[PDB]
Amino acid sequence: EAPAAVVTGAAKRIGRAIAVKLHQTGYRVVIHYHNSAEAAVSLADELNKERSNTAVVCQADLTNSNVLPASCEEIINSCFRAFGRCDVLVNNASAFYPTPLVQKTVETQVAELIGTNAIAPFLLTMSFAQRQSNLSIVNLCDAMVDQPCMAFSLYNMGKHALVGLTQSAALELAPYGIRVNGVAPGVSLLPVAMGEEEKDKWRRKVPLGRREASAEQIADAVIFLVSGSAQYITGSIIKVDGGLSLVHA
Amino acid sequence: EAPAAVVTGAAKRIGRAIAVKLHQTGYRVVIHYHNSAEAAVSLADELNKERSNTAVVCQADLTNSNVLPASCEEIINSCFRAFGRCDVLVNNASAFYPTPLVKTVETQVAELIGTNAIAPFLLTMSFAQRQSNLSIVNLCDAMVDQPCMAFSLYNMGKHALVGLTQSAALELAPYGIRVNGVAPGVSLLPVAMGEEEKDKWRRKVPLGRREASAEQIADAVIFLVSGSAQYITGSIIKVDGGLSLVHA
Amino acid sequence: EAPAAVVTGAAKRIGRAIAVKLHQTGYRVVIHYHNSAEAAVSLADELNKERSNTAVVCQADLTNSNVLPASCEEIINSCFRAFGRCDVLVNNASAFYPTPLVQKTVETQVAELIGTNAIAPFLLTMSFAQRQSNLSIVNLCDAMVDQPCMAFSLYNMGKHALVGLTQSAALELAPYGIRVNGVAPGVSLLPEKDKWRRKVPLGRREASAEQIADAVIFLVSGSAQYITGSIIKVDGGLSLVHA
Amino acid sequence: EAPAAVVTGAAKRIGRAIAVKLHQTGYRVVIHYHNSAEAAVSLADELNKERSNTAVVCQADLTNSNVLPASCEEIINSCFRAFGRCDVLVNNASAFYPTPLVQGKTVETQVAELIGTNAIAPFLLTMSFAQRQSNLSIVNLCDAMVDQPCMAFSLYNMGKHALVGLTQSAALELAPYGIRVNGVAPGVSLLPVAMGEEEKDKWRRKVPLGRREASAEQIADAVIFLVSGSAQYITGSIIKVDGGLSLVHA
Ligand SMILES: NC(=O)c1ccc[n+]([C@@H]2O[C@H](COP(=O)([O-])OP(=O)(O)OC[C@H]3O[C@@H](n4cnc5c(N)ncnc54)[C@H](OP(=O)(O)O)[C@@H]3O)[C@@H](O)[C@H]2O)c1
Ligand SMILES: NC(=O)c1ccc[n+]([C@@H]2O[C@H](COP(=O)([O-])OP(=O)(O)OC[C@H]3O[C@@H](n4cnc5c(N)ncnc54)[C@H](OP(=O)(O)O)[C@@H]3O)[C@@H](O)[C@H]2O)c1
Ligand SMILES: NC(=O)c1ccc[n+]([C@@H]2O[C@H](COP(=O)([O-])OP(=O)(O)OC[C@H]3O[C@@H](n4cnc5c(N)ncnc54)[C@H](OP(=O)(O)O)[C@@H]3O)[C@@H](O)[C@H]2O)c1
Ligand SMILES: NC(=O)c1ccc[n+]([C@@H]2O[C@H](COP(=O)([O-])OP(=O)(O)OC[C@H]3O[C@@H](n4cnc5c(N)ncnc54)[C@H](OP(=O)(O)O)[C@@H]3O)[C@@H](O)[C@H]2O)c1
Ligand SMILES: CCc1nc(N)nc(N)c1-c1ccc(Cl)cc1
Ligand SMILES: CCc1nc(N)nc(N)c1-c1ccc(Cl)cc1
Ligand SMILES: CCc1nc(N)nc(N)c1-c1ccc(Cl)cc1
Ligand SMILES: CCc1nc(N)nc(N)c1-c1ccc(Cl)cc1
């Protein structure tokens, strides 16, 4: 039978491209979404038009709270309910906004930024492992974590914690045959709210091509990590950043 | 006038040695503690016997919760109320216990990610908002990239603290606040640990086959807050006897 | 036309596996060797039996010396002469032995360890770029570079230098569309063996040269067109394991 | 009896600052130099005027060659010859110039100079320091920007990366001998003498902490900490002294 993957935040942008490319590869997919119901449903319909019964949606808020463990367990359970197995988890969903140190509550910001970027990946990892071929987890990291944007402390803290998770889970889950790796974009699809002049400023920084990564280029690295061509790779984080992280101030 | 410092988890072990050394250097100290009230008060009394009105205690749980921002604002405020200034913040307090992937898990998240990362972040916000050689020192972990098995939430917290160190160094540089870390390998070993297990850790350390004293950790904190470190920000100094360089 | 690749130290072990997989992928290949002429020619015979005139050999000593720049220019030129193009350079050749700090001359050891592991990759990079589509260079790094083996100072130095070359050349050659990346094995083909295997988290799977070659195939592919300056560890998780 | 230190490339700039601060701390010093004879002697005269017989000069080219091991052995021997002991080695001397990958000295001369001064001579001096053997240590002058390198400086960057590898490998292997091995990694400190003020200001404006380069004494302060008793458990560590520069994105 066909393997099955969960992709978080899969309705739009990079998560959509990952879900598409996994499906093209032969996976059945759970399209997790939070607010983007119409886009999630439209994607599942597109994938099911290609092969019936190969895509479902699953709604969840991945903000940290006392029920986040239950929500994460339910996302994994939704893959077993639909497809009878769960071979790949892709932790893609992520909040991003500034949290300046000097002048939503700050605890809501902690819950959203650390919850989506770190705690939900951790809880999803627990539930993936507990509910258990070529099993693997891919975490969407950030190649610029050590040269961060000013005023983004909580986002940066969350992405650093996700590197720690990737490493710790690779070590702990290797005996169960589950590999755990990361893909670290530099700039890929730019923020919807960002003006054209600012987008071009970011583009001009990238050595390879002076352009952002497509979503498909990011997804290409995810497909490699889940493939049989990566069977001895665990704990690794692949930068897909066009050289951006090597550029000095 | 004498500068003042806040040290979190200062009643015992490394945080106690840091508070002692800061005091010996000339700082007035806030000794934060959670459960260890008798040891925090005994330290305060020792330091005030050495020089009157130079130490106070401040109790707080640094577990993450809806009240943690207020608690961290109150720790910093305690230094201003006692001493009229707050020049140094040492984020030392830390929960450490296994969280296997295969207390509720959300309590473990609150304790391990709150003490190791969120409380340092909120303390950093409160310190900066209240603002000469100002600096913050974060107690990191030199083994964060070769972590102990089954310690994912602790490791996640310590990685998040590296990110805070860097992000806060960059954002607080314009205000003249330096932000750095000290990363022990093994220093004071857990008190429950049998000597046979302690000796196994000691044997791994290239430099002397022995754990760091708390005082050796504190010496790196004293350097980073001193005028000999005035250009250092965003740096994490390993104090690990070469342990992180040892392969499996 | 089919793209072409140079693989250094391609007669045996990892380099041989890389050459085979590039050839299977559709590359024409230059098989570099120093001492292993019989194995280089045996490999070329196997590859040419599959597709005629798709594999040649090239002899060079990659020890640093006054003639190393000309040797490296000749390896690159051999690819252009055989195949009319040179799309991929894999810097695989490497010397490995201990050089204790406290007690071949030490300067011969510098020439071999630093020359084969770092300087010849630098000179090959220069010649590859100067003679220039999906162009890329892949350097064989070491996943244990920051947890080095005791008494291997010069080997470790040269592998660190190779990381610096990977990064510096990625930046400088990006405007030319040449990507520069690394693959960092941990324990692959062993030179006591069991001791090492039991420490690898993914130790249920034997380490293989083909697994290393798979990462090289990804990095040279169109699936890696935005990837430059990246070093992929292929080590079963070994570098995550504390002492 | 006062401890003794060797500082390479100590006639001017950062290496002079390091020699001066070690001397102020109580060390006797060997001021190594290559071409800067007048500045080396000037400095040793100043230090000797402060306390007699506490500074000597030693001349040596640190370019790689088949004689480099003998030169490095001789530098260490000069410390024992003058002072009877050698407690600290500071590997400061360093060539720096561009070596573009795509197109005067031959490339092999550039290799010998850039990799010799930045890496091979530190390795040979480390071997001779250890063989000739309490608070013994080595400090290597690294570069905080080694992972965000300047365009066209590949050989310099390769040499600094190799020096990180040496720092770590020598820390591990020399720990049983009680010799600590650490690094200090400037971002921008004293700017090139050839650089125009406009270009210097471009660099200064990038630095978060103060929008200025490190003084030479700020770099020396980190060296003095690492050789001190306050660092007695620290080995294999590289301290950035960079004002936050390495944290700044493109
Ligand atoms: N784009 C880049 O250049 C870039 C650069 C560096 C790293 N990355 C990483 O790559 C991944 C994909 O980036 P992207 O730009 O495609 O991300 P994005 O568009 O900013 O976010 C992806 C999705 O995350 C989901 N999400 C946000 N908050 C959530 C919450 N509270 N609960 C559950 N889901 C939530 C949202 O789903 P709904 O729309 O359904 O609400 C959203 O569509 C992220 O991890 C990002 O950090 C991207
Ligand atoms: N010891 C080592 O070898 C070592 C190795 C690597 C890193 N480090 C780091 O170095 C720092 C000091 O280490 P240590 O061994 O001295 O630490 P420790 O003894 O484990 O803990 C220090 C103090 O943290 C406070 N703490 C724990 N949970 C708390 C909470 N919920 N709220 C507030 N405070 C809390 C406790 O204060 P009360 O007693 O008052 O409750 C405790 O005494 C830590 O950050 C540790 O991670 C140490
Ligand atoms: N095996 C592993 O586990 C492992 C681990 C970490 C990193 N790596 C990296 O992976 C790559 C391939 O490793 P491997 O074990 O397959 O290497 P290997 O067999 O030790 O050597 C590869 C080839 O390099 C060539 N070589 C050595 N010294 C030379 C010189 N002076 N001039 C020219 N060529 C020379 C030799 O070719 P000839 O036989 O023709 O003379 C040799 O067959 C290396 O860069 C290595 O450092 C491997
Ligand atoms: N300045 C900075 O901003 C900065 C930034 C990053 C790293 N660093 C590192 O910090 C250290 C000191 O920097 P600096 O700017 O003071 O260095 P520098 O002025 O460029 O060079 C220091 C000395 O190196 C000696 N040297 C050069 N080539 C030599 C050779 N072939 N043989 C022997 N000695 C040789 C020269 O001695 P003579 O004059 O006697 O010939 C020179 O005075 C260097 O390792 C540098 O890489 C500095
Ligand atoms: C808002 C898009 C976004 N979402 C998430 N989850 N993470 C990010 N790192 C970004 C991001 C992308 C490009 C730039 Cl230039 C800045 C931030
Ligand atoms: C329990 C002491 C402790 N507390 C905290 N906060 N962090 C740690 N990293 C440790 C610790 C020290 C030595 C060993 Cl061997 C293991 C863990
Ligand atoms: C001789 C094989 C070899 N050659 C080179 N060129 N580099 C290496 N790192 C090794 C190697 C492989 C396995 C072990 Cl355990 C140690 C070293
Ligand atoms: C020429 C001074 C110099 N010498 C050496 N040995 N290394 C360096 N890294 C520099 C240097 C300092 C500042 C700038 Cl901006 C650029 C280079």
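Here is the naming used below: chain letters follow the sequence lines, and residue numbers restart at 1 for every chain. Note that ligands are numbered from 1 as they come in the structure, with each ligand's atoms numbered from 1 the same way. Scope of the values below: all heavy atoms of this structure, side chains included, with no hydrogens, waters or symmetry mates.
For ligand 6, the correct option among benzyl benzoate, pyrimethamine, diprophylline, zonisamide is pyrimethamine. Bound to pyrimethamine (ligand 6) with the most contacts here is the chain that the PDB entry lists as Pteridine reductase. Chains touching pyrimethamine (ligand 6) with a heavy atom below 4.0 Å, listed by letter, come to B. Counting the atoms of pyrimethamine (ligand 6) from 1 in the order shown, those under 4.0 Å from a heavy atom of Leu189(B) are 15 (Cl). Numbered from 1 in the order shown, with element, the atoms of pyrimethamine (ligand 6) that lie under 4.0 Å from a heavy atom of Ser94(B) read 5 (C), 6 (N). In terms of polar-atom proximity, defined here as any N/O pair under 3.5 Å, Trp201(B) makes no such contact with pyrimethamine (ligand 6).
Protein heavy atom closest to atom 9 (N) of pyrimethamine (ligand 6), with residue, atom name and distance, is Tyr154(B) OH, 3.0 Å. Of all the heavy atoms of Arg13(B), the ones lying under 4.0 Å from any atom of pyrimethamine (ligand 6) belong exclusively to the side chain. Regarding atom 4 (N) of pyrimethamine (ligand 6), its nearest protein heavy-atom neighbour is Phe96(B) CB, 3.8 Å.
For atom 12 (C) of pyrimethamine (ligand 6), the nearest protein heavy atom (residue, atom name, distance) is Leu188(B) O, 4.1 Å. Applying a heavy-atom cut-off of 4.0 Å to pyrimethamine (ligand 6) picks out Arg13(B), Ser94(B), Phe96(B), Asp141(B), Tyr154(B), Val186(B), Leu189(B), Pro190(B), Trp201(B).
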For pyrimethamine (ligand 6), output the ligand-protein N/O contacts shorter than 3.5 angstrom; if there are none, return none.
{"from": "pyrimethamine (ligand 6)", "atom 1": "6 (N)", "to": "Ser94(B)", "atom 2": "O", "distance (Å)": "3.2"}
{"from": "pyrimethamine (ligand 6)", "atom 1": "6 (N)", "to": "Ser94(B)", "atom 2": "OG", "distance (Å)": "2.9"}
{"from": "pyrimethamine (ligand 6)", "atom 1": "9 (N)", "to": "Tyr154(B)", "atom 2": "OH", "distance (Å)": "3.0"}

